[PDB]
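Residues: numbered from 1 along the sequence shown. Worth knowing before you read on, the calculation uses all heavy atoms, side chains too, and leaves out hydrogens, waters and symmetry mates. Just follow the structure's listing: the first ligand is 1, and inside any ligand the first atom is 1.
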Amino acid sequence: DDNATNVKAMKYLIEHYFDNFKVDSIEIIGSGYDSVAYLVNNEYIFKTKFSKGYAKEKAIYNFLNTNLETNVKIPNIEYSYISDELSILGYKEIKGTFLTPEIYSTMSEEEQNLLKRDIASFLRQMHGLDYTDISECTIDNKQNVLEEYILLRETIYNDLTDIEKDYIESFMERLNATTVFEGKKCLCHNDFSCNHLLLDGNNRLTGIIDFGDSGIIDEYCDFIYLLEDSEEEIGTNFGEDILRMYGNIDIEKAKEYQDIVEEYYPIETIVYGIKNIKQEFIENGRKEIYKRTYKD
Ligand SMILES: Nc1nc2c(ncn2[C@@H]2O[C@H](COP(=O)(O)OP(=O)(O)NP(=O)(O)O)[C@@H](O)[C@H]2O)c(=O)[nH]1
Ligand SMILES: NC[C@H]1O[C@H](O[C@H]2[C@H](O[C@@H]3O[C@H](CO)[C@@H](O)[C@H]3O)[C@@H](O)[C@H](N)C[C@@H]2N)[C@H](N)[C@@H](O)[C@@H]1O
Ligand SMILES: [Cl-]
Ligand SMILES: [Mg+2]
Ligand SMILES: [Mg+2]
């Protein structure tokens, strides 16, 4: 019994904290580096974490369920337990199939267009919300990076190689010269990748999950994965078309914003390692810097 034990513990905690909730079945459906999500009674999702723990995400679902006008479904929190050492959010599973590159490639041109229009429409509607009632949830990525650079300088920066230092400094120089943080701010999903997008039986967008990183931030943020060229995402043209449908936005700046975030990735990974005292992340990030430096 490996997998069997985690599930038992979480079944115990769910029943203990949610007085009249009976767990008849429970399985792991996903996990991050510091969280685990479970499917319970083939009906409920329970996102859990042993903290930095789930209060903001819940506030955002509550704000969005009150204010969004859309047929696209999002989580609606029925159960929550939030404490310093433990957080749990429960909601009814949104039913559907996650969008993937393989699926997209089987769709007709028209089906692809309609999906793109759906996404644009959802983003336009969310970005247009008056965010006053969630004003607390502001995120300044540039300032966050500066603070993370300071933490590097205070911890391991001096032990890095010249090549690692150069990569970091060359990123900081670019950050200082860019104008992409100076545009429209709005409420963004802020992790808007196709593993969070659900399709219904006609390949239309039916739901969106994981607003855990959402906040008032640069409008460009919600396009960075839609613009990404990788195995996990659909491709740059997909993001471009969505941008054109969404309208009133500088595409070249959206791409610059995406490229800068991408350049930061290995540094983000290093910083996560430092803050969470996980050496393997520090090592992975540094190695990634070498791989990027040597790519022709
Ligand atoms: N079909 C379906 N799957 C969901 C739903 N909610 C969660 N999941 C599944 O559970 C996984 C984990 O959920 P998610 O919100 O993305 O959280 P996380 O990124 O792992 N954790 P965190 O946001 O704390 O870093 C998703 O990849 C998906 O497999 C839902 O409503 N419907
Ligand atoms: N799983 C490996 C992939 O990681 C990154 O992309 C994923 C992404 O990871 C972030 O990407 C940023 C750098 O672009 C960072 O902030 C990451 O945290 C994740 O947050 C999204 N929900 C899904 C994205 N596909 C990379 N962009 C991509 O090139 C790479 O293939
Ligand atoms: Cl290391
Ligand atoms: Mg997720
Ligand atoms: Mg998340």
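Of losartan, ribostamycin, domperidone, the drug at ligand 2 is ribostamycin. Taking the chain with most contacts, the partner of ribostamycin (ligand 2) here is, per UniProt, Bifunctional AAC/APH.
By chain and number, the binding site of ribostamycin (ligand 2) (heavy atoms under 4.0 Å) reads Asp191, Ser193, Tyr225, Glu228, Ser230, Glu232, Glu233, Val261, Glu262, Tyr265, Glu268. Closest protein heavy atom to atom 29 (O) of ribostamycin (ligand 2): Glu262 OE1, 3.4 Å. Of the N or O atoms in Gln258, none lie within a sub-3.5 Å distance of an N or O in ribostamycin (ligand 2). The single protein non-hydrogen atom nearest to atom 10 (C) of ribostamycin (ligand 2) is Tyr225 OH, 3.3 Å, given as residue, atom name and distance. For ribostamycin (ligand 2) and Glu232, the ligand atoms under 4.0 Å from any heavy atom of the residue are 1 (N), 2 (C), 3 (C), 7 (C), 23 (C), 24 (C), 25 (N).
The shortest contact between atom 28 (C) of ribostamycin (ligand 2) and any protein heavy atom is with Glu228 OE2, 3.5 Å. Protein heavy atom nearest atom 4 (O) of ribostamycin (ligand 2), with residue, atom name and distance: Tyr265 OH, 3.6 Å. Scanning the protein heavy atoms around atom 15 (C) of ribostamycin (ligand 2), the nearest turns out to be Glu268 OE2, 3.5 Å. Closest protein heavy atom to atom 20 (O) of ribostamycin (ligand 2): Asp191 OD1, 3.2 Å. Looking at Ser230 next to ribostamycin (ligand 2), no N or O pair under 3.5 Å apart turns up. Remark: ribostamycin (ligand 2) atoms within the under-4.0 Å shell around heavy atoms of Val261 are 12 (C), 13 (C), 14 (O). Closest UniProt active-site residue of chain A to ribostamycin (ligand 2), with heavy-atom distance to 1 Å: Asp191, 3 Å. Each of the atoms 23 (C), 24 (C), 25 (N) of ribostamycin (ligand 2) lies under 4.0 Å from some heavy atom of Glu233. Backbone and side-chain nitrogen or oxygen atoms of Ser193 are examined, and one is located within less than 3.5 angstrom of a nitrogen or oxygen of ribostamycin (ligand 2). Looking at the UniProt gentamycin-binding residues of chain A, I find a heavy atom under 4.0 Å from ribostamycin (ligand 2) for none of them.
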